[PDB]
Colleague: 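Just passing along the structure, written as structure tokens.
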Amino acid sequence: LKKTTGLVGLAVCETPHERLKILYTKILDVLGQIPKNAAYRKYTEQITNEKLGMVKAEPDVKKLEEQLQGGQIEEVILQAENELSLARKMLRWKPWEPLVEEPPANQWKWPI
Amino acid sequence: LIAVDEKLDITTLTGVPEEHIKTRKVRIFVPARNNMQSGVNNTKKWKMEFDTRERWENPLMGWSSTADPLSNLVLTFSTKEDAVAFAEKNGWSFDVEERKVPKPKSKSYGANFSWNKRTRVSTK
Amino acid sequence: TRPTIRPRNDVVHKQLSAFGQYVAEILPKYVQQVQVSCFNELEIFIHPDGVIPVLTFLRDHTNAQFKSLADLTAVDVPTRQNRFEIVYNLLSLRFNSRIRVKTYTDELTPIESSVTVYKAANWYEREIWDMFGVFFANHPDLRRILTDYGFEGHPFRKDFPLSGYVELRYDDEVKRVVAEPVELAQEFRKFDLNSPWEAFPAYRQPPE
Amino acid sequence: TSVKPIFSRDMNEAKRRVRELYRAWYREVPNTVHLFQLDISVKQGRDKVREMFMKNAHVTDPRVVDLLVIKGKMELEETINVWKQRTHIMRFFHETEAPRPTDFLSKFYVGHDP
Amino acid sequence: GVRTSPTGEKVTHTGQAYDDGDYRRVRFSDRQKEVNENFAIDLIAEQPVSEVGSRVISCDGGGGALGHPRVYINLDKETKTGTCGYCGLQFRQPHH
Amino acid sequence: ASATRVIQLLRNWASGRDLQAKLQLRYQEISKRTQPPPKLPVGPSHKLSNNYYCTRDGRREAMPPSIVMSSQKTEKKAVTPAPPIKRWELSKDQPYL
Amino acid sequence: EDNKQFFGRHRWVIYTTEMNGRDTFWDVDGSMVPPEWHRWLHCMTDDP
Amino acid sequence: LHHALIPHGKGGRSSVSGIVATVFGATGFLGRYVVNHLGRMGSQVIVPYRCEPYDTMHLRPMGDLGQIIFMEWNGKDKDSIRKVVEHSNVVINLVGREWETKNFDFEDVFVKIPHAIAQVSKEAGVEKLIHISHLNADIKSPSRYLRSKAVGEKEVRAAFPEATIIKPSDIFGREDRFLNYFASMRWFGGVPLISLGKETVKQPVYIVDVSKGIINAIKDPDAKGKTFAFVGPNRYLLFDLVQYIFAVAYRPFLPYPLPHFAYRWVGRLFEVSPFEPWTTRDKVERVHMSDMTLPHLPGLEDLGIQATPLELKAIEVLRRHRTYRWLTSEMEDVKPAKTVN
Amino acid sequence: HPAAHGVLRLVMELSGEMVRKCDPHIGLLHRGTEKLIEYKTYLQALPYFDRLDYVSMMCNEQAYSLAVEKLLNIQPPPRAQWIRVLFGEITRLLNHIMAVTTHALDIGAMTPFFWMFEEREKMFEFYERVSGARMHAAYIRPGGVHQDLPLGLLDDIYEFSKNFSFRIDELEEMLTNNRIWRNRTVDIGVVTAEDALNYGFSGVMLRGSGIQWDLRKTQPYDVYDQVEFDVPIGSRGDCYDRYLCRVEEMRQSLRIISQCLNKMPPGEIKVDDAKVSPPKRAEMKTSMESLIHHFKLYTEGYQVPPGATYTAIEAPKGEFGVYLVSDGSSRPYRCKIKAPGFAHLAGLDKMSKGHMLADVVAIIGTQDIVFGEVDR
Amino acid sequence: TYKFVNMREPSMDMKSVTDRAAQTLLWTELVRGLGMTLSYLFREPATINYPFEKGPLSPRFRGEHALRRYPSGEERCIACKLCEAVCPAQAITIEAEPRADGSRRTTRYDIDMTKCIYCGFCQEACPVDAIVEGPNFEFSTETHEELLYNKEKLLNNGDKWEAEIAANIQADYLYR
Ligand SMILES: CCCCCCCCCCCCCCCCCC(=O)OC[C@H](COP(=O)([O-])OCC[N+](C)(C)C)OC(=O)CCCCCCCCCCCCCCCCC
Ligand SMILES: CCCCCCCC/C=C\CCCCCCCC(=O)O[C@H](COC(=O)CCCCCCC/C=C/CCCCCCCC)COP(=O)(O)OCCN
Ligand SMILES: NC(=O)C1=CN([C@@H]2O[C@H](COP(=O)(O)OP(=O)(O)OC[C@H]3O[C@@H](n4cnc5c(N)ncnc54)[C@H](OP(=O)(O)O)[C@@H]3O)[C@@H](O)[C@H]2O)C=CC1
Ligand SMILES: CN(C)C(=N)NC(=N)N
Ligand code: SF4
Ligand code: SF4
Ligand SMILES: [Zn+2]
């Protein structure tokens, strides 16, 4: 409906609601493979359900951009894609495990 | 992870000239308190410094010349062990001086007015 | 009022502390410490091999969109076992915030290159390598950036002399610029400035 | 202890990388002498390459050897791309430095240096 | 008050003059030696001694904030004048 | 400036503006090179009482950074480094060039 | 001086043809001005 | 020693070598090399010059601040000579010309000026005098140049008995005459040689070896009143030497015989030039003359210098004379000439 | 090379005149400023920041001063802050004149260079009147500013600012709608917003790509939250849009200068704390405490509490930042300088993809790199 | 707030299309630029007639250095080395000893003008107004050694420039 997003290389999406629903559902599906006790899973599941509920309750694009506070709907879609990629990588990295190793005795002491 | 049992040696990587690696003896020490002041804040950390080399007088202007790159180089360490490890891995010779701390002293104001001892002061 | 004293912002201090706890909970495997300095700067100390996971999280997460790499540098502290301290300064445009991530390494231990996360890391890591000797593992093109061709040594290390070891002049016999050992007409006069009296009691270290 | 291997897990792999770098440097000396229009011989260039390789022959750490071959590869690519000038290539030879005395009596006559 | 060395070279207010056998005199050949003719020691000796009737005087060098830090001089020793050591100015008490 | 009336008219016509209104050469409209002496103010700390340095010491109020979390040492809501930045408003003075 | 000219060109100097012992008919330096006229010409003050 | 003449430093640019040297004829080939070596070791150098000061600019970077001093001198002016040698303990004599101008002859530049320098230096208290002569300095020589060299060598020895007289053979370098004289004959068609260059034997010496020997003669305490011969390692016939020069320059070598009288006429034709002549009759005589063998005189080995063969440094000089087709050819691409040893 | 700004060695692979890759070689103006700053004290290291970006000098000074004041935990007085903002905008005008006119000179136009450099000369006169130095003023210092303004400076700045919009108009008459200028600058060096953010661009690069970001608005410093101005935003992300953004930023700088002239307050110009800023000469020559503090400040300096800070400002070339590390001494332990042009020159190779030699010249101009700050 | 620098679309009426076509075929904006350059041609040049005319300067200007004296002729410098301490460029070398009358005076005072960055810190740090940076800026030399001033040269500079130096310090000392 709008001619430009104002950002070079960011194209206008004709179907923002469908794309956002697809992306948020895919994100939630990827999060199901993460351990339940992982702090990453709970937080991003919480914010994804929060954002997914808004996209299913507001059919107006401007009002949806206002409610999400993510800039523009194309920026929101791009951020959802980035979050999905991060979720896959985190599933690969598994950062919920305990600390790899402690630093040496005085590694952050300052001044020294 | 691999296991290698060697003493750390990075002389080939630091890029220092061979003469300035091999003919240099550093001095690891805690600086002595400047006798002109009573503060003790400059005697907290260990210092590493090199041996003094030749300085001559410039024919023009009479300034002080030098050919020693490591003349002004002073390194600060929190521990003798840290300083020694740094010197060892950089390959310099080193001489270590044990830190000197003032010994505890018994001060008594009332000693200035002894009835029979020599500590009685003649003036205030 | 106190005209000559910088005012503080407890709201921003609280927000930064909350986000530091958030990150430390999300990434327990790598985050070793979180601090907030009293002029409201968040600082996250991580294990050196969590560079790519932590940076990718701070870039791609919805609640941490640190899309911009303001800077990347290192600090040389010879007294430490891991002397070199790699510092990442990130800027979040979405939340108008800035964060700092700190890593440690020594001469012989590589750090994974972050050019796959930020493209500015390319020249930033080239400069770190050139000036400190820190090697970055999967770097597209790791070579000297600032020093002269064939320059030996890494000048920003604390043990490197200020004027270096060699200096250039033109020699008429060979008709080219030559490199000869450094030799100063007036030697740099080193000043001892530190006062023997303690300035800030709040930073006093235990006598140990 | 269990230290992170940079490129080589053992000294034999490091020796292999050293040999590869030596082959690369050896095969580039004719091209360097031709392109830079140096007045030295190809034999002199190869002798300098051997001498520069041989002053690190005391190293027994695979990580230090890996770093040495990394820096050697970087300075080989500076030569091939003609990023260096004739100035630097000839800086490898110290053609202008006076012969420094090495015996005790000569050093004693010259000055205070150890 | 300039003075000439036995080699013909002017002597500076610090007493500097190259020796007869010093090679460094070659730099002045076909050129000159930069010497300032006015000697501050001579001029400040030419200055007279002020007499004030107080034990302690103050000198700021003249001009106020355009002089030197203000100092106080004790004029009690009758065998010598009190000298402001920033500007070298002598003060005394009226004797006899 | 010093110019003939013909030349000024031709300059105005060629550039399409009144150059005499906005001249790039300075003619006696600038300040005099000699000015009366100033007398500058002192500041807030130039009082003779109630002025102790310990009550106006900025450097001594600096603190080491607070350790939020250290490894050595309910449903929490997800947080952000700060509230999201508000959308900018288009200028009322001149929204478009 | 000519105050009707624009700033920078309102004061000028015609140098002498013989200063000290140099024939300055053609070779004229900017350092030939004594300090007081130097200050006046460079406009550090309005008083000649 | 004066306290300012005691050596200090490491023999670098900012050191003190304890040498105060007045170098006459420093605005030339050997002069620029000697001044470079002195300033490089960190000495005080005085450069008397008679030319335009623009022609002394290449000597400015040769030493640190204040170490090179330029003073104007006249060859026929003992007052200026004293002014320039007054404060120096070493005086080096490199003044000479390969042709006779209107105001100066071979007798003037090789006998009168060297004698004045040696005489004034002795009066002024100069400790060391170095005087550059020629190897073929023969009183009965066919060349007026070399006859003047012999006479001036005798006069210098008489005036300053503690002198070091150095006799180079034929110096070759970037700015030389020798290799450039032979390599610039490509413009005049073929190469004219007397007896086809088969009756001439020459052993040239390298300029850096000559300058290093001059410097070592200053520092040697047992070379005070001596005579040296600076020669190269290899002796060559003139034909072989010129053929090698043309081979290195990659120029077509077409030698032809030219009788001595005709070559003298040609040399007389070229010496009418008001400017620097291309060749002269005395130059032709010197070129045809074989280099003398003087086994009794000391040499570069005795001064500690290993003489550099021509085959190692010829490409420095002769690469400028190549064409673009042959500029990049390497040093070892030309087989060395046959020697006569 | 005329278009290489003196110390850039661009090793380019060309197929004909088409650029296949750009390989910038920097370090030809690398001096070792950070090592030297380690060896200096905090007052002695200020001229180093004067000489980094030698076109925005008081801006570099302001960034350093803000960092050191943040670590010291002090506050400059309001008059000092307003003087800082006023001269930062004057410096922005100087820098933008330089950037636009040098860009146009590389393209082929020279008369705007001459006109706007006469304007630069007048602004240099302002610099010299406050400081005594035409460009390297060393005027803005940690704790305020060195001296107070002379008694005609505000009137003269008002005259200059009154007559400058006509100069900008004349500059725009030669370039903005010129078809040759548009052919040279339109659709040259286009960079997307995501690519700009990842590559680390800042300032007019982002704003030409269309990103609504400005440090003066989002993270204000000094008294930038008390002035009104607009932030120009580009759409096509190319050389022409960045040129328009820089010209409109010149006009907004005129706005800010007018507001500063009107809102200049009275009072002292440096922090009233003799342990950080020097006392007056009269107090030094009268008071014992003042003489002691003058002596100690000018010989040893002030000690900064230990800590590391990263402070950035919106310099005319983008975000200029300092990461300063203090160990509690009077000399900085570490000082990393983040120059905006470093990341831009790093991104030069991507921007010049599929272009020609003249296009690469134009792209260098539109990036507006100073190698003093690139190399340091 | 923000504004768009290039976001307008042209009007597509026949009059506007014809006007743009005329601008394309008849080089209207090019002639407009020609007119601007011609206007500048008939304006007055801004060039001063150096060396007979000099640009404006101020009392605060920092040029060549000088060592001052008291009105009595005594040197102001007391060899306190504050200028040497504060000098960013390490361009000052000072050596002192008691004078024959016991004064604290310098025997060596050097400034390397090839090392000096002309920052004016030495005259801020001087407690007695001895070292100043005078108004002279035309002192270029032909050799490097002539730029290494010593005490005699600096005192000569002070004696030559004292009148102007005094006037400038008088004009600007109330701002200090
Ligand atoms: C080729 C052109 C023919 C037609 C010419 C028509 C007239 C030209 C008018 C313009 C003159 C341009 C010159 C201006 C400068 C004046 C000075 C000048 O010319 O100097 C030249 C040269 C100058 O030598 P130079 O190279 O040192 O000059 C450099 C320039 N100076 C020094 C002036 C700064 O003068 C001479 O050569 C004259 C000296 C005597 C030389 C005798 C040469 C004999 C003949 C040459 C061939 C010999 C071998 C033949 C082999 C075969 C035999 C069968
Ligand atoms: C009765 C029936 C008669 C039939 C004849 C009708 C013809 C009359 C109407 C048509 C005339 C049209 C004019 C022809 C010239 C037009 C040239 C042109 O093509 O215009 C420009 C091209 O011209 C230029 O751009 C000029 C660039 C160089 C300008 C620099 C110098 C010009 C300024 C000096 C003015 C010249 C004055 C000429 C004086 C001549 C004196 C002899 C268009 O190019 P672009 O804008 O880039 O777009 C095209 C693709 N979209
Ligand atoms: N190079 C050789 O082939 C050999 C040379 N020699 C001898 O070595 C010495 C140096 O040789 P070289 O470098 O080739 O010669 P150059 O011709 O290149 O240099 C001669 C020097 O002497 C100066 N000079 C010449 N005539 C006079 C004069 N009348 N008055 C004052 N100064 C004068 C010249 O100065 P300016 O330019 O100012 O006039 C120049 O500095 C000469 O004595 C030469 O005979 C000995 C054996 C071999
Ligand atoms: C050399 N400098 C400083 C430039 N600005 N150069 C340039 N070509 N624009
Ligand atoms: S102006 Fe600055 S650099 Fe020059 S001598 Fe004074 S303090 Fe040093
Ligand atoms: S600060 Fe002034 S009084 Fe002190 S040593 Fe320097 S010039 Fe002399
Ligand atoms: Zn006094």
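Throughout, protein chains are lettered first and strands after them, A, B, ... in sequence-line order, and every chain is numbered starting at 1. Lab note: partial entry displayed, contacts enumerated inside displayed portion only. We count ligands from 1, going down the list as the structure has it; atoms in each ligand are counted the same way.
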Colleague: According to the PDB, which drug is present at ligand 4?
Modeller: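 That drug is metformin.
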Colleague: Would you let me know which chain has the most contact with metformin, using the name from the PDB entry?
Modeller: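 Greatest contact count: NADH dehydrogenase [ubiquinone] iron-sulfur protein 2, mitochondrial.
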Colleague: From which other chains does some heavy atom lie less than 4.0 Å from metformin?
Modeller: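 Going by non-hydrogen atoms, I.
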Colleague: Provide the binding site of metformin at 4.0 Å, counting non-hydrogen atoms only.
Modeller: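 Sure - by heavy atoms, that gives I:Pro2, I:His5, I:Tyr54, I:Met98, I:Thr102.
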